[PDB]
K.L.:
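This PDB file has CX516 in it.
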Number of protein chains: 2
Amino acid sequence: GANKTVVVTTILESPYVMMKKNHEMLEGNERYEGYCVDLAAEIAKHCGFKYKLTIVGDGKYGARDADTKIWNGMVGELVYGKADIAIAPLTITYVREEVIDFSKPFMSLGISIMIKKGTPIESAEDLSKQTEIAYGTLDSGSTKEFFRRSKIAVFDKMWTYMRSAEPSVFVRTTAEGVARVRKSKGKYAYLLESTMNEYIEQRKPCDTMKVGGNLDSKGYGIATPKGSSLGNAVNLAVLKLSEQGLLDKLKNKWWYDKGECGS
Amino acid sequence: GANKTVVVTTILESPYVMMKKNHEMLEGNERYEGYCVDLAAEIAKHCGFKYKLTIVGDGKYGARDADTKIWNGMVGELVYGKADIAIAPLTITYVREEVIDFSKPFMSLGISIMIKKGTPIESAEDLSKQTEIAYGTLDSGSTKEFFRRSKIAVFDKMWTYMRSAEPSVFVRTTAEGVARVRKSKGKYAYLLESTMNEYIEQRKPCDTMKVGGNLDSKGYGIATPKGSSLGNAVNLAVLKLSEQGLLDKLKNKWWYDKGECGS
Ligand SMILES: O=C(c1ccc2nccnc2c1)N1CCCCC1
Ligand SMILES: N[C@@H](CCC(=O)O)C(=O)O
Ligand SMILES: N[C@@H](CCC(=O)O)C(=O)O
Ligand SMILES: [Cl-]
Ligand SMILES: [Cl-]
Ligand SMILES: [Cl-]
């Protein structure tokens, strides 16, 4: 049929998608700025489509409910036909690959530890062997699933603690995790992706840091409904942008070029 | 060969695929050891196929001739139907993705610089600004194509030099590039992927070093002929092995430091 506007599901997650300063008098795609906003424009240019950025309604990345088997978040939007493509920091995982298509990765990451500066913690092993400093992850994402599924002793130990910690150590958004680290006087550490960790490390008041090596190694991919015709072109577009150095340029632009914690 | 036996094309490249000690009295798959030999075993178990490891006939990764437009190397073997799958440190690139299928990446890497210890070079920029120290890359691989295509000033400058350098600065195998660094008294530097650079840096005679950051960021993938029925299962197997931590285990195993260099 005739060309239709492509519905892009994404998520309000800095610096991937953020509200522009004058958003209150702006409409459509103009309300937003960020790494994934720039990336969406580049993909659309290369693939020759018009698009509408839509923030995922439940504000989640995507998990499948164990009982109802229903997918939420951006994955749900794709699975249930509410969106045509997801352009966001969406982790390529086994369970998601079974239900949606992913491009080759546009960005690499690993789960990492965020602490308030001066917290006596250097590693996951350190966290697991003490009880004074609480720690948790984002809900409905690939990091929580990592711990839940791990058969590695240290990560299994951390999961056993986290899953039953009171009050809850899990947060609904990254911003909530960041606030908890910053306000807890060193008594909360946050488990999140190195990409987000490194970004926050560059934001005022410069009181957090990434500590230790990454716990794993993986990638974000652009997602489409399983068997979507858009998938092949989008995948080539990612590889082309990668090889032109444009992904490197976008990362530097949004993470470091206007970092607030110095040069 | 036997029916239902998958023909695996691969390449002799340490520590991905190497000849075992006493291999001349060994037979079939038992002749070889290495990261990709182990990976092939795990992939085949997860997908339920028997397989035959074969070393690519021309010893090349794969490039398309500009005039004939014939593909050589492991890419050629998939393209012309001589192999069913490639399991090797084969870089996922735009031009290859157009002609073969790739799994999501099983290993990350970037182009990097290898010098003989003490060589006064700290970066690609340094290399481009001088003429005393020659430098080159592997023939018929993604590193050579990277420089050939780059619009980035420094890399553009390096390509202009390398393409006309005499005697040739290009080598047929990584081993020869390494030997050339070692024997050239600091007058040759070698551009190669960070994975191989780091392996060599830990091996005797401990006389080479990686300098500077990686020049790019990419991934190795398992490749199959376009539209091969093996593709989907192999891709899910890579993601499963990734999430179980088995790829990390294999990396630690074959990049294991016995302390040939220092403590
Ligand atoms: O997906 C990746 C990966 C690999 C290379 C990348 N290069 C650029 C951007 N993103 C990348 C992601 N992984 C790392 C190695 C083990 C499997 C996960
Ligand atoms: N990128 C993750 C969200 C962040 C996290 O889980 O830490 C996902 O796709 O689920
Ligand atoms: N990994 C490369 C070979 C090594 C190199 O080009 O430096 C390829 O797949 O072509
Ligand atoms: Cl429309
Ligand atoms: Cl298993
Ligand atoms: Cl010329």
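Each sequence line gets a chain letter, starting at A and going down the list. Following the PDB entry, chain A shows residues 1-263, kept in their order. Note that chain B carries the PDB entry numbering, so the residues on display, from first to last, are 1-263. Computation of the quantities below employed the complete heavy-atom set of this structure, encompassing side-chain atoms and omitting hydrogens, waters and symmetry-equivalent molecules. Looking at the header, which is where the method is noted, we find X-ray crystallography, 2.0 Å. For ligands, and for the atoms within them, numbers begin at 1 and follow the listed sequence.
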K.L.:
List the ligands or chains that belong to CX516, copies included.
P.N.:
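You'll find it at ligand 1.
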K.L.:
Supply the name from UniProt of whichever chain has more contacts with CX516 than any other.
P.N.:
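The main partner is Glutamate receptor 2.
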K.L.:
State which other chains have a non-hydrogen atom nearer than 4.0 Å to CX516.
P.N.:
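By heavy atom, the other chains are A, B.
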K.L.:
Any of the residues UniProt assigns to L-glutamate binding in chain A within less than 4.0 Å of CX516? Only heavy atoms count, please.
P.N.:
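Sure - UniProt-listed, with a heavy atom under 4.0 Å: none.
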K.L.:
Which residue and atom name correspond to the protein heavy atom nearest atom 17 (C) of CX516, and how close is it?
P.N.:
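Atom 17 (C) of CX516 sits closest to the protein heavy atom B/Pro105 O, 3.2 Å.
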K.L.:
Note the single closest protein heavy atom to atom 8 (C) of CX516, along with its residue, its atom name and the distance in Å.
P.N.:
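Of the protein heavy atoms, B/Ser217 OG, 3.5 Å lies nearest.
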K.L.:
Is there at least one pair of N or O atoms, one from B/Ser242 and one from CX516, spaced under 3.5 Å apart?
P.N.:
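In fact, backbone or side chain, B/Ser242 has no N or O that close.
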K.L.:
Give the numbers and elements of all CX516 atoms closer than 4.0 Å to a heavy atom of A/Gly219.
P.N.:
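Near A/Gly219, meaning under 4.0 Å from one of its heavy atoms, CX516 has 1 (O).
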K.L.:
To check your reading of the model: name the closest protein heavy atom to atom 13 (N) of CX516, its residue, and the distance in Å.
P.N.:
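Ranked first by proximity to atom 13 (N) of CX516 is A/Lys218 CA, 3.8 Å.
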K.L.:
Give the residue and atom name of whichever protein heavy atom lies nearest to atom 16 (C) of CX516, and the separation in Å to one decimal.
P.N.:
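For this ligand atom, the closest protein heavy atom is B/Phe106 O, 3.5 Å.
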K.L.:
Specify the source organism of chain A, per the PDB record.
P.N.:
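The entry lists the organism as Rattus norvegicus.
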K.L.:
Just heavy atoms, cut-off under 4.0 Å: does B/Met107 contact CX516 by side chain, backbone, both, or neither?
P.N.:
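The backbone, only.
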K.L.:
Taking heavy atoms under 4.0 Å, what residues and nucleotides bind CX516?
P.N.:
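At that heavy-atom cut-off, the site is A/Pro105, A/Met107, A/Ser108, A/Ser217, A/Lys218, A/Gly219, B/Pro105, B/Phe106, B/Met107, B/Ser108, B/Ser217, B/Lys218, B/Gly219.
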K.L.:
Could you give the N/O to N/O pairs under 3.5 Å linking CX516 and the protein, each with its distance?
P.N.:
| from | atom 1 | to | atom 2 | distance (Å) |
| --- | --- | --- | --- | --- |
| CX516 | 10 (N) | A/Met107 | O | 3.4 |
| CX516 | 10 (N) | A/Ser108 | N | 3.2 |

